[PDB]
> 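Handing you a structure now.
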Amino acid sequence: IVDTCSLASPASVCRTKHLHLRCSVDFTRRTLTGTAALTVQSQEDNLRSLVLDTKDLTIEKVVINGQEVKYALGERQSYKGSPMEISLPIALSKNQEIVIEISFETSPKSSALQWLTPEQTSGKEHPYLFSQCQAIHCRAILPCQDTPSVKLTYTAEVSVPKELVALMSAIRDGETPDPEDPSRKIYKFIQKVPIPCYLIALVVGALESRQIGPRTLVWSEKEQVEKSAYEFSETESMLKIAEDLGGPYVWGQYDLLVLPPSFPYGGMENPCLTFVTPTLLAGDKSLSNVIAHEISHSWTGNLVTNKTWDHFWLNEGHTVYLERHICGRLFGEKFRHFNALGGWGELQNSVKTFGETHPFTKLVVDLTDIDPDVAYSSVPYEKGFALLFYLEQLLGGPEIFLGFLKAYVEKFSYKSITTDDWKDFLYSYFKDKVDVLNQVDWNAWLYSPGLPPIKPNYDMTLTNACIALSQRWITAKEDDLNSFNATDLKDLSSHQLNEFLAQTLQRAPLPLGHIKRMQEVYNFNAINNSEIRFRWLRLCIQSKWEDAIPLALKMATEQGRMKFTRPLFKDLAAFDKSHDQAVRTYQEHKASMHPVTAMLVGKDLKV
Ligand SMILES: O=C(CCCCCCC(=O)Nc1ccccc1)NO
Ligand SMILES: [Yb+3]
Ligand SMILES: [Zn+2]
């Protein structure tokens, strides 16, 4: 097994056991500067050198046993960064540990980091910094074996301007004034559970907290605290359900941090401190499945981890499966099936977008010479989910398959694993149903592009109204438009309204007159729920409604969740009326965008 996204020595040569990070966040220079002390364990006899990943890091020196040592940085390999070879001063025997202290500074263009000016924040007085290391951005913060095949504990001391707060994916372990600079405070952290380095995270800004459960604080700027506390109030109930499904929660606290709007993902499962988009702040808790997802990664991802990124689906697909059980326990089995079926629709979309023979539609993907951020899609989520839901149905239902899931989490806790590890364990657990498992077309599900070979069975109860209303609109002629009215929506939940629009969007464009009628009778322009507004605006732009141009440009730029920003820019570029403005808008905003989002939007727009 080779990690084709990492240039570091593999785990078979040496393993990092601990990181102690001492750093200072310099907002004037947009640099993090300090020392990364790696405790490294040789796995070989006579070990005399090793290699770490880095990306846009300036290295000042490397210290082992109190003396500077030789090191060299290799040529940059695009998104992978530059390998750093370190010459050890004394050859190591197998299992010997040493500490390697590297003094480094980050680049302002670090792909792991977004540096925000005061104007870019809610409070407008103070700047803000946040990280996003998954998949392979930790190397752009500090030198490391930047591979999920290696798990380490960490401690950290972070010096920041004294008016600001630092938080990490770790337990808070104190704060004191910085003795080197009384304008600063050092915040300390400890992560005692071994983690892959993609789970290292840092935020610095003017943060406040509010308790919302026995093991949960919400953190955000002051302006968002009250709304966030309400929106995420189900979090303890979800954690309790998740513990029933997965076993004990091992991480101590489960805090939430609500980022500024350019955070690129819905959420990120950083241990102890899940990061979430403010786009979840719908006002009615309706987008709480994202919280259930991130919670679920406390087991599937954070405890049992993909050994390399080719096996991402292990992390995401199992998380989606647990996510959907939490939501089904809370809101009912009919809702689990509704969400499940919605997920298949998203998979349909992704397969159509890439093409049915595209490599990135395989469940296990080969990332040789592929930047994960470019290949990122709904495929691992939803083809993964569909496999597990198909297995659930084959093997005797949800209670049975949940016994497997708990057993799997137990078996592989604290480890990093491959698809074949998972498959082997599935066969071991279900050894009395091997004949059933042998009906599965493993090669097609795991290794073939396109839609899966079999579609699961779904309860249609909550979906039927959505499909019926979509079909009414699609089949309407001009003389049927008058028949639509606001009462059509009266028995539909926000989730159903979303699914009505996703179903309709799958047949877009519709006639411009239909779309104008839809606004006249349903007033979708008034809905601030981000998922609904996203699909509505896509529907309007694809249907060539010029009045939607400013609305779509506004949503694309006022937040930066890539789920929303990328397809809105792409749709606006594809509409001749908005094309030039879309490209100008991107060009104007690009320097102030998150670095990954900026990259991908530029690729999408061919800029
Ligand atoms: O699932 C999420 C949202 C995505 C968070 C970022 C994932 C980045 C990543 O690991 N990308 C990737 C990995 C493998 C293959 C392709 C992309 N939160 O839990
Ligand atoms: Yb030896
Ligand atoms: Zn996830």
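Residue numbers run from 1 in the order of the sequence given. Computation of the quantities below employed the complete heavy-atom set of this structure, encompassing side-chain atoms and omitting hydrogens, waters and symmetry-equivalent molecules. Remember, it's 1-based here, ligands and their atoms both numbered in the order they're listed.
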> Specify the drug or drug candidate at ligand 1.
vorinostat
> Could you tell me the main partner of vorinostat here, using whatever name UniProt has for it?
Leukotriene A-4 hydrolase
> Any chance you can tell me which UniProt Zn(2+) binders of chain A have a heavy atom closer than 4.0 Å to vorinostat?
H293, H297, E316
> Is it the case that vorinostat has an N or O less than 3.5 angstrom from some N or O of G267?
yes
> Would one find an N or O of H293, backbone or side chain, under 3.5 Å from an N or O of vorinostat?
yes
> I'm curious what other ligands or ions sit under 4.0 Å from vorinostat. Any?
ligand 3 (zinc ion)
> Evaluate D373 for polar contact with vorinostat, using N/O atom pairs at a separation under 3.5 Å.
no
> Please state which protein non-hydrogen atom is closest to atom 2 (C) of vorinostat and give its distance, to 0.1 Å?
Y381 OH, 3.3 Å
> Around atom 16 (C) of vorinostat, find the nearest protein heavy atom and jot down its residue, atom name and distance.
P372 O, 3.4 Å
> Using a strict 4.0 Å cut-off to heavy atoms of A135, name the atoms of vorinostat that fall inside it.
8 (C), 9 (C), 10 (O)
> Taking the residues UniProt annotates as binding peptide in chain A, which ones lie under 4.0 Å from vorinostat, judged by heavy atoms?
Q134, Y265, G267, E269
> Test your reading of the structure: does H297 have an N or O sitting under 3.5 Å from an N or O of vorinostat?
yes
> Is it the side chain (CB and beyond), the backbone, both or neither of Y198 that lies under 4.0 Å from vorinostat, heavy atoms counted?
neither
> Could you tell me which atoms of vorinostat, counted from 1 in the order shown, lie closer than 4.0 angstrom to a heavy atom of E316?
1 (O)
> Going by the order shown, which atoms of vorinostat are within less than 4.0 Å of some heavy atom of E269?
18 (N), 19 (O)
> Measuring from non-hydrogen atoms of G266 to any atom of vorinostat, is the shortest distance under 4.0 Å?
no
> Out of all atoms in vorinostat, which are within 4.0 Å of some heavy atom of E294? Include the element for each.
18 (N), 19 (O)
> Could you list which atoms of vorinostat come closer than 4.0 Å to a heavy atom of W309?
10 (O), 13 (C), 14 (C)
> Just wondering, which residues come within 4.0 Å of vorinostat on a heavy-atom basis?
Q134, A135, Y265, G267, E269, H293, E294, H297, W309, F312, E316, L367, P372, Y376, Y381
> Present, as a list of atom pairs with distances to 0.1 Å, all nitrogen or oxygen contacts under 3.5 Å between vorinostat and the protein.
residue: vorinostat; atom: 1 (O); partner: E316; partner atom: OE1; Å: 2.9
residue: vorinostat; atom: 1 (O); partner: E316; partner atom: OE2; Å: 3.3
residue: vorinostat; atom: 1 (O); partner: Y381; partner atom: OH; Å: 2.6
residue: vorinostat; atom: 10 (O); partner: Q134; partner atom: NE2; Å: 3.2
residue: vorinostat; atom: 18 (N); partner: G267; partner atom: O; Å: 2.8
residue: vorinostat; atom: 18 (N); partner: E294; partner atom: OE1; Å: 3.2
residue: vorinostat; atom: 18 (N); partner: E294; partner atom: OE2; Å: 3.2
residue: vorinostat; atom: 19 (O); partner: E269; partner atom: OE1; Å: 3.0
residue: vorinostat; atom: 19 (O); partner: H293; partner atom: ND1; Å: 3.2
residue: vorinostat; atom: 19 (O); partner: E294; partner atom: OE1; Å: 2.5
residue: vorinostat; atom: 19 (O); partner: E294; partner atom: OE2; Å: 3.1
residue: vorinostat; atom: 19 (O); partner: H297; partner atom: NE2; Å: 2.9

